[PDB]
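Entry overview - HIV-1 Protease with darunavir in place.
To find a chain, count down the sequence lines: A is the first, B the second, and so on, and within it residues start at 1. Both counts, for ligands and for their atoms, begin at 1 and track the order of listing.
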2 protein chains.
Amino acid sequence: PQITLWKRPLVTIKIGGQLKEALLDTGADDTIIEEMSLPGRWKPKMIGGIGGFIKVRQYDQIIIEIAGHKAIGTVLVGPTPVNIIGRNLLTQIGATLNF
Amino acid sequence: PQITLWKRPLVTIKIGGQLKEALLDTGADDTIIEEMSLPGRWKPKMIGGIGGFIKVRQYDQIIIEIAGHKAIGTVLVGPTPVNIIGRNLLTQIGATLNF
Ligand SMILES: CC(C)CN(C[C@@H](O)[C@H](Cc1ccccc1)NC(=O)O[C@H]1CO[C@H]2OCC[C@H]21)S(=O)(=O)c1ccc(N)cc1
Ligand SMILES: CC(C)CN(C[C@@H](O)[C@H](Cc1ccccc1)NC(=O)O[C@H]1CO[C@H]2OCC[C@H]21)S(=O)(=O)c1ccc(N)cc1
Ligand SMILES: [Cl-]
Ligand SMILES: [Cl-]
Ligand SMILES: [Cl-]
């Protein structure tokens, strides 16, 4: 698609048997969601945002469908106020920002 | 241009006759610039993301040039670690996400 930005660019994502939605976020280096069903052990990671820094749960090799496109990569679980697809996965689906 | 997302999508901006650089951020609802002087009256606001909220000054109807393209709209000023062009100004230059 060619997505305008008058509203948040939310898309359907799928992980395992869970359908969720997430914000395509060109300003995010990494993907973060609030919850993933029964995802096993993580590795701790720190990341920054505008308000300070948060502890997150790093999961590697996650198979995730994003707007109908398959990606496989790292998904963080943490206290993000909105689920975000960051550049680590945007590049896998071939997303570009155009003007 | 067509901007791939293997690195942060930073572009040149001009605001207040000053050349700066900012992140094109589809995850940001509104634009936030590091501390600088802007004309007109401002209003106090707060904005939120990862790690919580920050206090900002809201300036309305500010001219800006984003990668050579003029936009006019609301600019927040405050303690962001990176200058961010959010959707309120990305829409003014016709930016889209394409995949
Ligand atoms: C978290 C989003 C819903 C909102 N944010 C925009 C977002 O793109 C920020 C924009 C951003 C970018 C750098 C530093 C701070 C904020 N990225 C971000 O927090 O990404 C984090 C996950 O990947 C990591 O890479 C960048 C920081 C980490 S935000 O900066 O908090 C923000 C919120 C509201 C407005 N109006 C403007 C900006
Ligand atoms: C972007 C900032 C300028 C926003 N300001 C937040 C304020 O707390 C700043 C935040 C702040 C902190 C340090 C440096 C700059 C701004 N403090 C400030 O201006 O302190 C002044 C008093 O001491 C002086 O030395 C520091 C600046 C001067 S603020 O305009 O007063 C304001 C207040 C409340 C809200 N919600 C929104 C805005
Ligand atoms: Cl709509
Ligand atoms: Cl979708
Ligand atoms: Cl589990």
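Within this structure, darunavir can be identified as ligands 1 and 2. By chain letter, the other chains having a heavy atom closer than 4.0 Å to darunavir (ligand 1) are A, B. Applying a heavy-atom cut-off of 4.0 Å to darunavir (ligand 1) picks out A/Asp25, A/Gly27, A/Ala28, A/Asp29, A/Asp30, A/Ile32, A/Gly48, A/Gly49, A/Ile50, A/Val82, B/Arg8, B/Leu23, B/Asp25, B/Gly27, B/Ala28, B/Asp30, B/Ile32, B/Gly48, B/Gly49, B/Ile50, B/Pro81, B/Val82, B/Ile84. If you number the atoms of darunavir (ligand 1) from 1 as listed, the ones under 4.0 Å from a heavy atom of B/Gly49 come out as 31 (O). The closest protein non-hydrogen atom to atom 5 (N) of darunavir (ligand 1) is B/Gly27 O, 4.2 Å.
Protein heavy atom at the shortest distance from atom 20 (O) of darunavir (ligand 1) is A/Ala28 CA, 3.6 Å. The distance from darunavir (ligand 1) to the heavy atoms of B/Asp30 drops below 4.0 Å at these ligand atoms: 35 (C), 36 (N), 37 (C). The shortest contact between atom 6 (C) of darunavir (ligand 1) and any protein heavy atom is with B/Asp25 OD2, 3.2 Å.
Within darunavir (ligand 1), the atoms closer than 4.0 Å to a non-hydrogen atom of B/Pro81 are 14 (C), 15 (C), numbered from 1 in the order shown. Near A/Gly48, meaning under 4.0 Å from one of its heavy atoms, darunavir (ligand 1) places the atoms 19 (O), 21 (C), 27 (C), 28 (C). Annotation for darunavir (ligand 1): atoms under 4.0 Å from non-hydrogen atoms of A/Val82 are 3 (C). For atom 29 (S) of darunavir (ligand 1), the nearest protein heavy atom (residue, atom name, distance) is A/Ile50 CD1, 3.6 Å. The shortest contact between atom 23 (O) of darunavir (ligand 1) and any protein heavy atom is with A/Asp29 N, 3.1 Å.
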